[PDB]
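Consider the following structure, which contains gemcitabine triphosphate.
Throughout, a chain's letter reflects where its sequence line sits, starting with A, and its residues are numbered from 1. What you see here is only part of the deposit, and the contact count is restricted to that part. Atoms within a ligand are numbered from 1 in the order they appear, just like the ligands themselves.
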Amino acid sequence: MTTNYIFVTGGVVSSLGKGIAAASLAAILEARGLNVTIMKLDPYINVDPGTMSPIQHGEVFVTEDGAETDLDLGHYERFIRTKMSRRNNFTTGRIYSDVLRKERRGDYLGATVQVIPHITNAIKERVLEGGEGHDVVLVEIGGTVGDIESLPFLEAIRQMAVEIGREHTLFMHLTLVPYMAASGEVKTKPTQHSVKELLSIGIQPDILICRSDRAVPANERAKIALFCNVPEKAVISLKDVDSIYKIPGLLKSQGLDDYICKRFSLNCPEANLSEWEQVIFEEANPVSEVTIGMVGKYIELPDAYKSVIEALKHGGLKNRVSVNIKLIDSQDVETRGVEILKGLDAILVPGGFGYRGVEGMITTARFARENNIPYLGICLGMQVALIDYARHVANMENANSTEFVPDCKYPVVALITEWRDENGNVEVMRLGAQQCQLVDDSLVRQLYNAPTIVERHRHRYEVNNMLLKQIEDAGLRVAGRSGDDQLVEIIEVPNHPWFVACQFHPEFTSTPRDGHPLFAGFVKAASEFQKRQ
Amino acid sequence: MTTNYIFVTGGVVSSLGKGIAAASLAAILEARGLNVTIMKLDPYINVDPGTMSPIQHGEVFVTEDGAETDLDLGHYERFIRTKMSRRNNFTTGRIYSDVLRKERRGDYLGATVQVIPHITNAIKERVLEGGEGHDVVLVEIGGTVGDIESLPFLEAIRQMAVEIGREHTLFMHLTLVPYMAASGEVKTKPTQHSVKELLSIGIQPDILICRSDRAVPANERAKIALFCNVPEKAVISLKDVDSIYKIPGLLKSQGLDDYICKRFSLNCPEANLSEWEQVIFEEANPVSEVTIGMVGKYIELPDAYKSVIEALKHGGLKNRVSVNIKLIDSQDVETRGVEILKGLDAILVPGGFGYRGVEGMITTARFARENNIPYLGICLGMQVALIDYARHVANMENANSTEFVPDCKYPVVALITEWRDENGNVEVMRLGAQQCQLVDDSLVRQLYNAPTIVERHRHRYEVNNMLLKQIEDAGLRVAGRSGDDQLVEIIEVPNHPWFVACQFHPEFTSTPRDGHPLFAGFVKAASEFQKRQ
Amino acid sequence: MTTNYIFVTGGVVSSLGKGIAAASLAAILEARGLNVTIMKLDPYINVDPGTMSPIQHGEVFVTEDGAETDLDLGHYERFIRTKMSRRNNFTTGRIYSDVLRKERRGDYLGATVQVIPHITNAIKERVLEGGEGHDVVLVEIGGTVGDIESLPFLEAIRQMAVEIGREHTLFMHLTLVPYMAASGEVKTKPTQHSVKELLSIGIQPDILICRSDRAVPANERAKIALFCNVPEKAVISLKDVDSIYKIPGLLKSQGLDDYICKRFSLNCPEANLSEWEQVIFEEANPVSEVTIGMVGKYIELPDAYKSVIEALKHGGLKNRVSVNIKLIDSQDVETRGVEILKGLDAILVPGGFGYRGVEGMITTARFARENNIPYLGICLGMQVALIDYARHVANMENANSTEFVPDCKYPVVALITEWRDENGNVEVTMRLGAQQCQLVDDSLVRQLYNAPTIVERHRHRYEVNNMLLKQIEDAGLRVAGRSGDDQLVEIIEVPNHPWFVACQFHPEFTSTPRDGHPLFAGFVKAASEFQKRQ
Ligand SMILES: Nc1ccn([C@@H]2O[C@H](COP(=O)(O)OP(=O)(O)OP(=O)(O)O)[C@@H](O)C2(F)F)c(=O)n1
Ligand SMILES: Nc1ccn([C@@H]2O[C@H](COP(=O)(O)OP(=O)(O)OP(=O)(O)O)[C@@H](O)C2(F)F)c(=O)n1
Ligand SMILES: Nc1ccn([C@@H]2O[C@H](COP(=O)(O)OP(=O)(O)OP(=O)(O)O)[C@@H](O)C2(F)F)c(=O)n1
Ligand SMILES: [Mg+2]
Ligand SMILES: [Mg+2]
Ligand SMILES: [Mg+2]
């Protein structure tokens, strides 16, 4: 059982949806009983996206093992059931960091360390490390063919195709076929030049995925097959769609999975996309509609809350409710007031870092609590919720977090080493999955329908346990704790229809096929609030 | 006084002599009164050539400040009088090491670190750092145009030409014009394709240097000018020569310096190459001939002793003696004996590391001392000389160095921390220039004609001062000491015509125009030994 | 059985010997019992090489059917026994002329005639026309990969591989591996960049022939295989050799024919190169050595007399004589005299056109006739021999050809429509291809060919004037061969001479190293006997 590889590249432009196209193809192959995995090769010099800002890169996806990776891995876990780890995403800076250390350590034996073979061997070893043990491995190459930054990746996979052999490797190249309003037709010329650019590096593509705002006609697909040494049946058309859940069905109708199984000599049953057909039906037929407002600080780039937005979509699928997400700036709450919070069936405050716009998130958690509006807080959303309750119900004046105000009197949120009290008395970066214990007779104990749950963390500041008892007596309820130190994970307000706030990131485990219990109840409570108007 | 830059690249093949061509052009510009400097941009991932083996890379040149650089800087210091430093040579691994540390330290403010502009800006800053403050700066780009490894360098200098402006930048491209025995003509086709490859990166060359085993005719130079958008007067012919000292004269006769001074708007006097005309005359008319044998361990690549071989050439220029250097393997001395040492007018043992073939170097230093054959030892050549005298004259049985035999009874050579004696009693990496004090009435005090001298070091193991007094009483003389610890630098044997051994590397300060006092006397004593046969 | 194609291309430079390497590969395949053929695709705009000077691309080779073609076809016939014709060589101008003709008629039906597919289809139709009907077809693509002129050829052959399939197509690419004296090694970088350029057009080479002044080591051949997606066994080395007849043996030892037969699924026996080993054995074991001087007007480019030079070397094989050919300028005879013709064991005067340097050839034909030096004239070499015997023996002063002096008194050589007398009386044109010639019984050429009629190839316009011929016959000149209905003179001889033969046709176009030629064999033998008497 030799492991087969499918290398995915992109040409013409960069906004082609390589990750979505790879995840959709992997969903078809997994629907035929195959063991499939996906990996992402990023060309930036950052060692990992942990040091990158959400305003420029997007959200930082977190795997089970605790790796900060590109958000494309969120697409992978939402299309296939194979768990992603650190081996599924590495960058150019990671490769050079490995080679530089081995060179200073003297592991190359005084040899001249060069791009070929030293840099290329480092790339090929990581692809084989995260690929071996599967039937089909999809390797997404970041960047656009023809740029400097992707050449080490492209030269490395070319060498793999030669040693592994053409009988177990495929090159899938995505191109742009733009439509011109002048001639009223789509143009295949950018595709012709891109394939020539990919050939000038030594790679002959085997499958061409044509991206366009409309279906690519057979006459244009025949011309592309003529100039690119590709059979016509291997030229697939992928139009712009309103729902990425339809893409697996669109690729199967053109026989993309059949051409792959034939090349790799795989005899597997027909792809059963019945789960995806169900998701398309649920999305296309909502019975209600709600308006949930997301109050954050990174709203200038909606990709900063990628998994959060997709988690609200999955909440509406399980409840047959059309969720209309409204991005509202938390700084405008400080400027204009809670007037930009009226007319919302629910309110969600996602995570973040930095004091900019936090006082607006505290005011937003207050408006949702005084007016019985459903509220869901994630990471920073739990901090501003705990602040509001301590500052306004527990009467802890100017309660804040040490991240924002280091020398505050009431540090309800602080590092484990920074824990103190209102007088100064003391006691004698969490990443990845961690088990959590739920409190009985709580709102989250009913939803999760289980005693212990597992979620993924990405935070530094915890809830101050030396100030928790004074808030609990003020009416606040604790629903989740974890670890030997019994750190607060989930908080609730029982005198409220729906008010749950958690420290972990539940949006990293939400899928369209299986949903998520927390977002299902949050959207369900949002529609019930809309009914009572 | 804006600083002008001349970027030097190479095409077709890599063995073109880019460094020699750049050094020769810099010698012409310096002959017109201009302040010129040269820098080398290497495309390998090694942070510095310090961790590279001489068998693969060549000799490791050492500058005054103590930097381990490429051997091309040896060509630079032997053509111009501007001192080289760390700022005159950096590698791709150096650039990525800088960017990776700033990214982990958070100096990019959460931005996406990319090849452009982050990697290119790091390159442009080092070129400006080592270039500003001069009239003309020659930047040699390692590698061949069209390869992956040189693209960051080529994209970086393209951006400099745009900002600095074409009025102060030039691109000089070296190509190969091979001769075919079939058609009896030279072929310009590789040059035509190379310029197209250089244009596909965004660089339009301004001067073309045509390398060939013979002069490039005017008809071929006119065809190259036609297909490359270059004026015919800017197409220079550089044939294969028997002496690189003629290359400045060959470039001046074609007006290469005039075209550069006109572009940069420099009004300087005519190049006075009278010193180079003298060196060519001295080399072309030797009055005697000697056969000096160099006994080492890296002789399988003669470039491992690049500066040593060139230092013997400079010794013959000052004495009008034709030096015929013979590379002999020190391991063959251990196998076949001193029979491969007969018929030598002199013997030289250069530096090195490792126990392989050292016992042959000890036997060679013994054969040159018992037969009154002139001997010169550098670094390791002084260690094996001190061993022979201690092992055979001072009767220190099995005397060796701790690098080779760590637990020997007589460690005449050891680290400063490893110093001991024959019983085990103790007391209560040097790089760059260091002042040395010479002993009066010594052979080196006469040659250097000065009390204190400055030479460059590259070694770890020193002479054991606790075992030096027992060797001095055996007749051995100490000629040089340095530092507060008074480390042994130069040793001599007075009952010998010529027997000098030093710890520093004198070959790094030898030039064809000014020679070197140590190699001048060594070759002079080699001819006197030839007369007495 | 399906016809297989082997496309041959060149990179880095142009002087790689693509024709010699293709012909040598075809000789191996023919030695295995395969029906093989070759064809040359020239990228110049000339419709046919007939309108080209010999000091430009070389000699103008002539086939049996009368087609003026590139000289590479001369290498083909000297290596394989398959006869070449017009459909074995065409140019870019030939393609555009055909497409422009169909477009002016209207055969494209008001369509936009474009490089693709109209020009590319015209190329593919001609390759299939001269290719279909054989087992293996070698298509040599002229020019260097990466230039503009060869791009229509490379795109057309790329489309053929897709339609035919890779089970019957192979791409063989020749590159240059130069040796650097500065590093003492050969360089594979020009090959790497050339393959990338061939890939950017859409062609992935299958075999790489490495040309160098020495054998390419295995480490370099392994590095080339690494960067070019080519298996290491398909990287062949082809050093510079002193004798081109050794090349078939060199390609066989590296298993080039075995790799080709495996790809095309051909079951044929092992090649037998005994006929080539015999030629090498004859060439490396001479018993005598002679010096034959060739006096012409195109000596500045030795390839202008390519087939003549090779014909003299074939004559030396049949006689075990090492021939030293000395090229002499006919103009230097006009200025410096016949002083530069001393020390020659024989004199050969090839063909040509133009009055420039003809008077030096007439003087040379006189030198070899008076001093009894073996002489052989071809086309123009017969004109200057006929002029010499009429101007200096038959006493017809200022006798010349109308090509040179149109209004002369004795036009011994003129067009058939120009035939006249010394008084002006008349009687009551490009010859190309093979034509039968009848020989005279008691003649020297009759015993050499040992047959009454022969077949040789012509390329000339001016004929021997029959109206002034009988006056030269009575002067002592012998006519050895005539042809056609008009009894045009083909071969002439001088009896009072050891070996003096001149012919109108080009016998060098039928000479081969394995079979020789009867006329050149006797000429070299006569040169050996002259050297013995001195
Ligand atoms: N490698 C190539 C490819 C094409 N063409 C020339 O391209 C010309 C057609 O140009 P168009 O109509 O603008 O491009 P298209 O191919 O039709 O693809 P689309 O229209 O979807 O962008 C032919 O005359 C040609 F001649 F075919 C060329 O010269 N060289
Ligand atoms: N960009 C180009 C350049 C040239 N050529 C074509 O190249 C052809 C000449 O090819 P050669 O003689 O082998 O190369 P050379 O130019 O003479 O240089 P050298 O001989 O020193 O290598 C022209 O017909 C051409 F037509 F000029 C081309 O098609 N496209
Ligand atoms: N596609 C490529 C190929 C090579 N190189 C880089 O080319 C560099 C080696 O340079 P060289 O020695 O001059 O070329 P050679 O391959 O050895 O072939 P020859 O020497 O026979 O001409 C590597 O560091 C490299 F890194 F391998 C590159 O950057 N991109
Ligand atoms: Mg079109
Ligand atoms: Mg040419
Ligand atoms: Mg090399």
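Counting all copies, gemcitabine triphosphate can be found at ligands 1, 2 and 3. The main binding partner of gemcitabine triphosphate (ligand 3) here is, in the terms of UniProt, CTP synthase. Other chains with any heavy atom closer than 4.0 Å to gemcitabine triphosphate (ligand 3): A, B, C.
Residues in other chains coming within 4.0 Å of gemcitabine triphosphate (ligand 3) by heavy atoms are A:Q114, A:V115, A:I116, B:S14, B:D147, B:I148, B:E149, C:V186, C:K187, C:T188, C:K189, C:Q192, C:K223, C:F227. For gemcitabine triphosphate (ligand 3), the atoms sitting less than 4.0 Å from at least one non-hydrogen atom of A:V115 are 26 (F), numbered in the order shown with element in parentheses. In this structure, the list of other ligands and ions lying less than 4.0 Å from gemcitabine triphosphate (ligand 3) reads ligand 6 (magnesium ion). Among all non-hydrogen protein atoms, the one lying nearest atom 9 (C) of gemcitabine triphosphate (ligand 3) is B:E149 OE2, 4.5 Å.
As for UniProt Mg(2+)-binding residues in chain C, a heavy atom under 4.0 Å from gemcitabine triphosphate (ligand 3) is present in none of them.
For gemcitabine triphosphate (ligand 3), the atoms sitting less than 4.0 Å from at least one non-hydrogen atom of B:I148 are 28 (C), 29 (O), 30 (N), numbered in the order shown with element in parentheses. Distance screen at 4.0 Å: atom 12 (O) of gemcitabine triphosphate (ligand 3) has no protein heavy-atom neighbour inside the cut-off. In the vicinity of B:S14, heavy-atom distances shorter than 4.0 Å reach the gemcitabine triphosphate (ligand 3) atoms 13 (O). Close approach to C:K187 involves these atoms of gemcitabine triphosphate (ligand 3), each under 4.0 Å from a residue heavy atom: 19 (P), 20 (O), 21 (O), 22 (O). In this PDB entry, the source organism listed for chain C is Escherichia coli. Intersecting the UniProt CTP-binding annotation for chain C with heavy-atom proximity to gemcitabine triphosphate (ligand 3) (under 4.0 Å) gives C:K187, C:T188, C:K189, C:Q192, C:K223.
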